[PDB]
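Down below is the structure, laid out as structure tokens.
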Amino acid sequence: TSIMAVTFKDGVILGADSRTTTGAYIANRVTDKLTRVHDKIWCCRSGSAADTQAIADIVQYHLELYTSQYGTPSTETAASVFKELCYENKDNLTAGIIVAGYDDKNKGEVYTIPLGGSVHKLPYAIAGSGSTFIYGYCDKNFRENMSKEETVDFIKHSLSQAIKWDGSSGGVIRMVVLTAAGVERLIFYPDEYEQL
Amino acid sequence: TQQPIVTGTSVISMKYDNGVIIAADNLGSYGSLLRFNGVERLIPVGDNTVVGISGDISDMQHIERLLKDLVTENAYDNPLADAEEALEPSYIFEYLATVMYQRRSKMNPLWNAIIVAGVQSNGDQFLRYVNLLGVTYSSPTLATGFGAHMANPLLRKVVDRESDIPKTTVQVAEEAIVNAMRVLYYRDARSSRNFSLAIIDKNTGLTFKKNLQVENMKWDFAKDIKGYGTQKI
Amino acid sequence: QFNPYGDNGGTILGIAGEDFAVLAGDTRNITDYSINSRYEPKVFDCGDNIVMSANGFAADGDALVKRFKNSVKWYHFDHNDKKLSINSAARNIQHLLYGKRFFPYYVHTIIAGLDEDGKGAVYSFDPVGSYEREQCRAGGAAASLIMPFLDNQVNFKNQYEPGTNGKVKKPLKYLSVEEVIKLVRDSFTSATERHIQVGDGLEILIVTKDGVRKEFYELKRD
Amino acid sequence: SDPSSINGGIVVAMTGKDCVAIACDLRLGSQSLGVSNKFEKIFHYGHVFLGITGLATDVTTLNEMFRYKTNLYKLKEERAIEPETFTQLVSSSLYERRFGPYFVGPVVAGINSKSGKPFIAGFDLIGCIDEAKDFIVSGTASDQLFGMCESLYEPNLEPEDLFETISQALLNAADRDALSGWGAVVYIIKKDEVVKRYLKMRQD
Amino acid sequence: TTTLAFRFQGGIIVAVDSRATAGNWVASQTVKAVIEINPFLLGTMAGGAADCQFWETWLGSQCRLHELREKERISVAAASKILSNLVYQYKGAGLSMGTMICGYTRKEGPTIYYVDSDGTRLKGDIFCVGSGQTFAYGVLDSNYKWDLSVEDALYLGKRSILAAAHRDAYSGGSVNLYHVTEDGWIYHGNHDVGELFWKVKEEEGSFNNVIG
Amino acid sequence: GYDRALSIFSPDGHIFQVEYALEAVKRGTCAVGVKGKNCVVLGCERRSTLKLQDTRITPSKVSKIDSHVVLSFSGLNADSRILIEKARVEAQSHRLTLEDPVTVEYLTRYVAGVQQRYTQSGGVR
Amino acid sequence: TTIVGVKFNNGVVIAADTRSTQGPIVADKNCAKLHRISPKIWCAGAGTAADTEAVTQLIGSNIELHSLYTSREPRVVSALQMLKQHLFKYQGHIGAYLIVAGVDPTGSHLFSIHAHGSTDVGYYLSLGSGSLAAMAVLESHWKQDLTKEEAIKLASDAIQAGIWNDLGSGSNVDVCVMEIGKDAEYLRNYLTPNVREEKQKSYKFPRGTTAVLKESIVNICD
Amino acid sequence: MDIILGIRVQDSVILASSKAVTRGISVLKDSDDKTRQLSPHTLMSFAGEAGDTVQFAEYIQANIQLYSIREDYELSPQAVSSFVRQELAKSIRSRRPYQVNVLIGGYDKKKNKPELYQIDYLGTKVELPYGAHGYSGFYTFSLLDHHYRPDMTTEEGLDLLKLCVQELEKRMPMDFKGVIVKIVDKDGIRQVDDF
Amino acid sequence: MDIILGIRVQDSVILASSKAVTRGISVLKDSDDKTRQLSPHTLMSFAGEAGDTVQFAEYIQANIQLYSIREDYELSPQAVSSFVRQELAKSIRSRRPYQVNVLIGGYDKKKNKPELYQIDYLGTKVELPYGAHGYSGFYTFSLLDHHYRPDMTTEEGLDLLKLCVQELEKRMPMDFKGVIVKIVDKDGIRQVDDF
Ligand SMILES: *[C@@](C)(CO)[C@](*)(O)[C@H](CC(C)C)NC(=O)[C@H](Cc1ccccc1)NC(=O)[C@H](CC(C)C)NC(=O)[C@H](CCc1ccccc1)NC(=O)CN1CCOCC1
Ligand SMILES: *[C@@](C)(CO)[C@](*)(O)[C@H](CC(C)C)NC(=O)[C@H](Cc1ccccc1)NC(=O)[C@H](CC(C)C)NC(=O)[C@H](CCc1ccccc1)NC(=O)CN1CCOCC1
Ligand SMILES: *[C@@](C)(CO)[C@](*)(O)[C@H](CC(C)C)NC(=O)[C@H](Cc1ccccc1)NC(=O)[C@H](CC(C)C)NC(=O)[C@H](CCc1ccccc1)NC(=O)CN1CCOCC1
Ligand SMILES: [Cl-]
Ligand SMILES: [Mg+2]
Ligand SMILES: [Mg+2]
């Protein structure tokens, strides 16, 4: 996997590749690693496909039950539920999750949750095997309060390089845009991003 | 006792009515890292043979040097080096097959899988495989690594047995090879889009094609796929 | 760690008649769950009316056959073109195999031909050189399936004369080349049904005083 | 220390014209040592026959267990259990011990009393059903039995002919296995008569 | 395997079975476990088939070279020691052999030497080697006397192999008998255990545990 | 290693080095062997130009090769010690492998074989 | 095993081969790998044979009870969710690899489930040892907007690729078509391209061949 | 624990069990009785892991004695053997199994027949004319195959048994310090003091 | 191979060595002589790994006999023991060491004294009044500490030796089939036939 989430002026954008592997065989070349846990709280999944799915399903259940009682949860609250599961079951899980959401008060927020189950709130986050190859690029090119189009280009160029160097990453580049306007899904095919 | 470091993935090939086709991508992987992108894994020997190599690249470069030296050695005191006493595909293969088996028998193998494709002096098609263990076999279609699992099934739909070879044209055969390379790009995590392809014909001779790309890919249906089960958005 | 051995599958079968002998083997070559070739012969005419097959790890099998063929060649040079008898060939092969006792050829070897009285002969070897002459022998992946069938149909084991209260055994007798090929074909079609490494094709080499003849038959390709 | 090949033994079952046959060897050993030549591996509950190969303690245990269950079945249902139903009971019971299984290779054989149809089935140690028209094999000489049965068998054999085919399949397979043999028994099963024959075989 | 050889009034009896196995798979029922080193020396074979076959054939070549050089037959002691000294050089390499070198000479009389792959060399009157050795020992020990007739001795050796063939799963097939005298060895036939068992059961009244 | 062929044929078909070795034997003190009906006796000459000798410690002319075989000689004394040593070693080696002491013929054949080897080996006389 | 699933215009089709293995041995030459969870929800299973049957029957049982409780036709996502949560709980120890497909009031669906509890969505999927051979065909010939007859052809062609090229797969091709508004049609042995050829000889024995020691009538009655 | 034998003859069952108890390089005792009376006409010998053997034997003994008191009736050897087998069959899949092999020699008073059952630690039961556990069988079975007849007397059985012990004393590596022999018949259980 | 003992008394050295040769669960021989005469007044007993024992003993025997012929003179027990120790000392650092333990009993004709040397497979030499190899020592040493006196006769030594064998036969787990006893004194080497 190569995944990332980036905050910007109007909110936050999640990005991911579409490759699922079993050794060197690509079990799924059109995977959707960007998953909804609430209307405007989504997550990027890396690590075990089984573990991350089971976790995301439980979180979605918790946040649905939260909403029934206490109304819309914060992105911090969602990240806390993810953490609780990842930390307390750290011995049996292989999950690297990035939580991203849009509040009206707090705007765009990004929380990353590595293997140990620690939580880290950041302006932007990168994760997955392919992230290693773009630490240098992303650090040099990221700016706060970018526009939607700039953020889309930043994610596109970044994941393009991650995909280029990482054999465990590839396929299409999926993106999910979270703003006050709503939820927008984006897709970008090889013929476009490869020749960037 | 070795472990391969910089590696090359599948090599695929097949026979057709007048000759043989062989192909392999231009990638030199370093584990999961797709490190080197300008690697040529098809190596011509003379104007009638092409050796396709997968596996360890350092050992591939060693084999290149052996084949290059073989051509030099054959020319020594040989007035018919470019005629009757030129190197045949069968000669080149048997040499490599001898080396591979000797190296495995010394517990120090050349960590490769090799396919020697060519046309003999009498016009007969030559296509034979050899690997790090010294194991050899021949078939109308041959492939290494993932190609064995994914390409062979596709190529065998064209040439399922010996009698299908005269019925298969170079246009049909090349089409199948190029299609197979696309499928490997879809499904092999250590493959690249860029590849080389070689045709050895008994009439038109050796045609070596570089810098080919996988094209006419299907990705559009991906936009319709959402979530992993229930998710609607 | 590097493993110098491999399993190329396949199975072979040698039957001896009165004035002939057959050595059959399927033409399928495999690694793990993949097919490498649907027609890769592993039964060879080695000269002097000797046919040979070394089944198991193909690289070791090819090396052995190659060395024995070369042994036959030098036997002619060193001994005034004398014909290498099947028994002399067997003993020579023992020394080839045992010469690598501490790094063996992973093959079951079988040879067939005629003895010095003109009668059919089959010899079978273990990987390190122990050999024995037999009327009947199956080797390879499906040997466990085929061999007890041969015991029953070739050597008439467990078969008693009807009405004799299981006191009189069914009498041993030589089979015709026609009856033997029937058993070979039925042996391999049965093995093909129940063993995944067996199929594609069947190549039989028949040996008489006249020479070495070949016969080929299709097998199921699944 | 492989539970399925400590005691040794084999079972085979075949179908014929309006009949079924099931057969087994009589050996029970402890690896190389032969201990008993009277250890029958075929049992019956009403008209349903069950053969069991593998670890002998589990063979005995399962016989006692299916006798237990079929006796209660009959008391509640007021009728004898049929082969198709029994087959499912065996599968259920084995899978109940999925992560601590009985090391066995059972084989069901019988004729449905209502439809008159011949029925045989085989299982793995965790209960996977292997239904078949022709034959089922089980034991330490299963490879040998597969080879004999696949070549000797033909459909619609009469009881008297079927007896010869199954007996020869068992005998010649048992003689190529060290851990099987030491006697044999064959059950020929017709709609309303059952014949049991002990075979003469080599005792080595 | 089961092989035995014992010394008695009338020379030496050698008896072996004919089974060979690869795990539980019975590879052969017709193996020659007695190897004829020469017209006067016999060697039994147990353990590795190839190791025994190869080196005891080699032994016969060395014994032939001895009598060419010395113009005299090789002693059983000298023949057994050539084999034992050879396998001792290969100790640790993984040879598997349990053999009995049996012979009759003037100076020695009837002599048996147990020779094994870990270097052991023992002279003795009675030896049983193989996976079924214990079963054969039981019958042999309880019925053995020095003053056995040649007829009774041949039967005892045959009966002891049968005992092992019956109980030991990895023993059976047939029984090969040999009688060794000063003038050489005499082969006393191949005896299928299938027919031999029932014959012995009926005539002797033994094996009541078996249904006949 | 010194390789020179010292023992070689001459035009008349003689190997002079072997024949000159016989002259050295002819120079040596006389030695005689006589065998009776139940015994053998080995007699040996000792030259009397050497007085003030210590006969306790002086090497004896007759040497035991084993407890049942003896060896006397004529010729170069230093050379004899080498043959005697080799013979004694072979005597023990024979007992070890054949489990029986050497015959007199066998021991002789061995010693004679050693002597012959030195007539067509390079670098030796 | 080779199993596949292909979506089309008005529904979904799944297919499977019919070989069951026990190591290198073919245990069942015609086993059914297509399972019914509910009338219009079917499942193709690969991996541990007992696990795929047991888990498909358990979820099928609970789906029936759920359908009765809710007075509604069962949905594929319910079977999917129930299966994956069961498989996840056992951490891969239940070796069931499934392709789940069907039609329900929501529409037509196609999923795959792996032993550890991960699910995938697709228009075409393949699982089992012959999945690579099958996927090669699917990647070569699949397109959007397939008809019923085109999807059956593509599915069976993908299974055939596994039958011929994968040693783990063989024998026949089973198919199940689940179309919207129609009853699901289970096509057992849709293709039978591996029929055993006539044997060369009949091995029917003369009566009395087998030696017998004892006979006795067995009492099956009360 | 090592050698236990059993021979069923015409009118009785004879059990022979070694007297040695060895731990390390020391024979701690040479007069150990490796048997327990389960009921007046049923005797069980045992061999296996230290501690487990006696603990198991006495546990079975207690259960059979409890049954006898409750019903005022003696269980048949067949019934006792089945009870014992089931206990071992349970045991083998426990957290820590009983590593004990047993022979059960009994006289059925209803049938007027002697009965010998051999049960190993896995719960593998067989009725036999003669039986053994451990390495003993590798010598005795072939010997008994030859010399055993079904119609033998108790005295003939004891001579047959002496023949087994002699063979074991000749060919066994370990010194097992002889055997305690006990006879089970219609009149109950008694010990042979001079063997 | 297992039990070898040695006792030096006033005028002689007595060696006792077990007769059993065991392989697996079978006693292959019960009359094995685990000793070789190195010279007329020097005897060596041995025990250890199969094959190595005899091969080593005979190799030493050949070397000492060669020396005797060459010099027409018998080496002293001290000299022979030192030669043997050095061979084992070389061996222990070889590719495949001799796993053989020996006792060397000899009578020195120049000193007119008996001498007993104990040498293990490492090349560890000690001169002792009494010695043993293997598990035998664990019983015999304490017994000899109590009963042994330096001025004992050969007959007293044999009775002392009988006391050791009896204790071994009582407490040792394995049956070693008795011992062959040999005496070394001024008149050379002789075997006690009735022990
Ligand atoms: C990139 C690839 C790596 O960072 C991404 O993180 C993606 C995440 C997406 C899918 C959300 N990761 C994967 O694709 C993931 C890679 C992986 C593998 C093993 C452990 C962790 C991560 N792949 C999987 O989870 C596959 C998905 C299946 C094919 C649908 N599952 C496997 O590879 C299973 C995993 C078993 C497992 C191991 C350890 C922890 C949890 C689960 N492994 C196998 O099936 C083993 N396989 C058997 C056949 O022989 C080859 C090995
Ligand atoms: C009784 C019968 C059992 O011990 C006897 O001891 C007999 C004596 C007769 C055979 C002379 N012994 C055997 O039968 C002996 C058992 C044995 C095997 C291996 C080591 C020690 C003892 N059997 C063999 O040696 C068989 C003889 C064959 C069946 C003719 N051979 C094998 O098992 C061979 C080679 C084994 C081996 C020995 C040493 C180094 C390497 C290998 N193995 C195979 O044939 C396996 N298979 C052959 C087909 O190709 C794939 C490998
Ligand atoms: C293709 C053919 C292979 O990939 C398919 O995937 C099919 C699936 C269909 C049948 C639903 N798979 C098999 O046929 C499968 C392959 C396999 C084997 C072993 C482990 C995993 C997968 N075969 C089986 O499941 C057979 C079914 C038999 C023929 C009825 N079962 C076995 O081979 C069992 C394995 C049981 C098992 C237990 C615990 C964990 C995993 C598997 N093995 C045995 O029965 C062998 N043995 C017999 C002697 O007694 C001891 C057990
Ligand atoms: Cl996923
Ligand atoms: Mg196939
Ligand atoms: Mg047997």
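In what follows, chains carry the letters A, B, and so on, assigned in the order in which the sequence lines appear, proteins first and then strands, with residues in each chain numbered from 1. Contacts are counted only within the shown part of the entry, which is not the complete deposit. Computed from heavy atoms alone, side chains included, the values below leave out hydrogens, waters and symmetry copies. Start at 1 and go down the list; that is how both ligands and their atoms are numbered.
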Quick one: what's the drug at ligand 3 called?
carfilzomib (bound form)
What does the PDB entry call the chain that holds carfilzomib (bound form, ligand 3) with the greatest number of close contacts?
Proteasome subunit beta type-2
Show which other chains sit less than 4.0 Å from carfilzomib (bound form, ligand 3), counting heavy atoms only.
D, G
Chain G: source organism in the PDB
Saccharomyces cerevisiae (strain ATCC 204508 / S288c)
What is written as the name of chain D in the entry?
Proteasome subunit beta type-3
